[PDB]
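Figure: structure with voriconazole.
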Amino acid sequence: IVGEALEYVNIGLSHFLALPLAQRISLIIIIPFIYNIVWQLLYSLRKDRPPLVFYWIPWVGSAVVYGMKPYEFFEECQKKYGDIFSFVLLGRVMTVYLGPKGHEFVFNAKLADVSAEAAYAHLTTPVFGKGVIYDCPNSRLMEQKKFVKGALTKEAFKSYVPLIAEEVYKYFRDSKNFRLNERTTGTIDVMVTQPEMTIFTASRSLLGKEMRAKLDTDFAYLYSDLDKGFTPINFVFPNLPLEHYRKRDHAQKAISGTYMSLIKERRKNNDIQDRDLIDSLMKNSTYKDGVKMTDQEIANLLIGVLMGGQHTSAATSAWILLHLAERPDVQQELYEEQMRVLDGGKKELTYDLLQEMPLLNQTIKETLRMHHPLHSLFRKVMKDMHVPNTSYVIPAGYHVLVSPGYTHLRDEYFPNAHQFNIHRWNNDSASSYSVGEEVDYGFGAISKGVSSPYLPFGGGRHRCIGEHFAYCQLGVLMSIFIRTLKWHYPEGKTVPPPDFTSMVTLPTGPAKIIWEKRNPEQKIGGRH
Ligand code: HEM
Ligand SMILES: C[C@@H](c1ncncc1F)[C@](O)(Cn1cncn1)c1ccc(F)cc1F
């Protein structure tokens, strides 16, 4: 007789529903703790799954160590399990594939196998607005990228160089952090100066003079509010009836409103030129099926493009200054190249002359090797994926994570990888090189292979289209920094470690350097 036992299941259920509140909340905690632990041990025997990093807390997973020190986490997991392994992160399973094979597996994955917008839309759609980037099918994104890349031409860069130069000189003249007509030395926090210089230079060139003029007013604080809404917290908590979220949504509406105002003023006056990215998208933003982007979608695409470029570029010029601050030898070598290429300063800097500055471009290239601004790129797996030359299957509903910034730091691919050495790029100063066959996904021919161990701009359909703009901006900025200033660390300070929590690998601030004028008597003209 088992019937007697099934009575005691029923009895035990009734004795359970009647335990003291102390016993039950303790049971409410301990039942999923134990179940999680036993599920992982059962998981460890599936041979069609990559090894899964062990974690104590359910749902949270390895979120803490991953969020704080992702590269240290990857190295420890790589020593234990090899190059492919999974970990739990705030409710999701992330499968990491380290190394060049990982780059191929993720960046060159079939469109049907993985979805970037399914991973990212919750981060970005609340910040940028609807209908663009990741709030739209991949085919729409592919053509959005074509539209933006159409104002990112060599001819556009030739006109952007003197405009970016003007902004840098105006920032040296007017900003409280410098005031070079009044002060010959000073101390700056590069995490204060570089965000400002980046937004001023990117606004003037990509958005135009009107939009740049608005950053001289209270309007600039909307950018700070919108910027604060770009945060990993959006991945778990993208809308909370709280104040941070309200200034974000307000800023998005107010900034996109300002761009639509300009777009509609330009069209009401037929004042549509080739000045900036606004002119360009107004003339060129009709999809191949004949649908035109709305003025709202144009404005939102501007926000996302300007904000993406904001955080990668500002982080990078911060790291460049910070590495050069302890390398007066490198500053000296870069200064000599400035003097030779620009005839002692008697040539005005042009886009063409920037391309004849290999050591300056190698300094950018080397900073992007040691400080890849995005430590992790993500996709959501949409169809079960087999990992070649293994028995592993990554099931739909998992996410795949690739980290070229981690391979940038491996000695096997970059000897003495933790040493800043711009000369490892001698006779190889190009921002990136397609090492063979090319493919076009809708925004131009790009490298078909994505196996390069140096992959600062990703690859495949989601590859960056901002690299030449970033080199132009960083190049103008650094050419002027080098010709105008020397700089060094306060006593006993050195390169700060990265803060990875922002998802952008920023220097831990305050990161202070001391500048001094190379020509204490040099004056910057213009009105102020
Ligand atoms: C140092 C500067 C930069 C670095 C290292 C960088 C890095 C990257 C990487 C790694 C990706 C691939 C993302 C993924 O696969 O999920 C990407 C995509 C992209 N980036 Fe950049 N970026 C930089 C600057 C810029 C700038 C200046 C702009 C705009 C002016 C920009 C706009 C974009 C866009 C539109 C994409 C396409 C995303 C997609 O197709 O899903 N980036 N970038
Ligand atoms: C999604 C986002 C990101 N941020 C942080 N970790 C991983 C990421 F994928 C990012 O790739 C960053 N970025 C890349 N180039 C410039 N910015 C991005 C892409 C396109 C865009 F229009 C705006 C934008 F923020």
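The PDB entry numbering applies to chain A: residues 7-534, in that order. Per deposition record, X-ray crystallography, 2.1 Å. Just follow the structure's listing: the first ligand is 1, and inside any ligand the first atom is 1. Values below: every heavy atom of this structure, side chains too, minus hydrogens, waters and symmetry copies.
Mapped onto the model, all copies of voriconazole cover ligand 2. Structurally, the main neighbour of voriconazole is the chain that the PDB entry identifies as Lanosterol 14-alpha demethylase.
For voriconazole, the atoms sitting less than 4.0 Å from at least one non-hydrogen atom of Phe134 are 23 (C), 25 (F), numbered in the order shown with element in parentheses. According to the deposition, there is no covalent link from voriconazole to a chain. Annotation for voriconazole: atoms under 4.0 Å from non-hydrogen atoms of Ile139 are 22 (F).
For atom 10 (C) of voriconazole, the nearest protein heavy atom lies 4.0 Å or farther away. Heavy-atom contacts of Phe236 reach the following atoms of voriconazole: 25 (F) (cutoff under 4.0 Å).
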Can you produce the list of protein nitrogen or oxygen atoms under 3.5 Å from a nitrogen or oxygen of voriconazole, alongside each distance?
from, atom 1, to, atom 2, distance (Å)
voriconazole, 17 (N), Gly314, O, 3.1

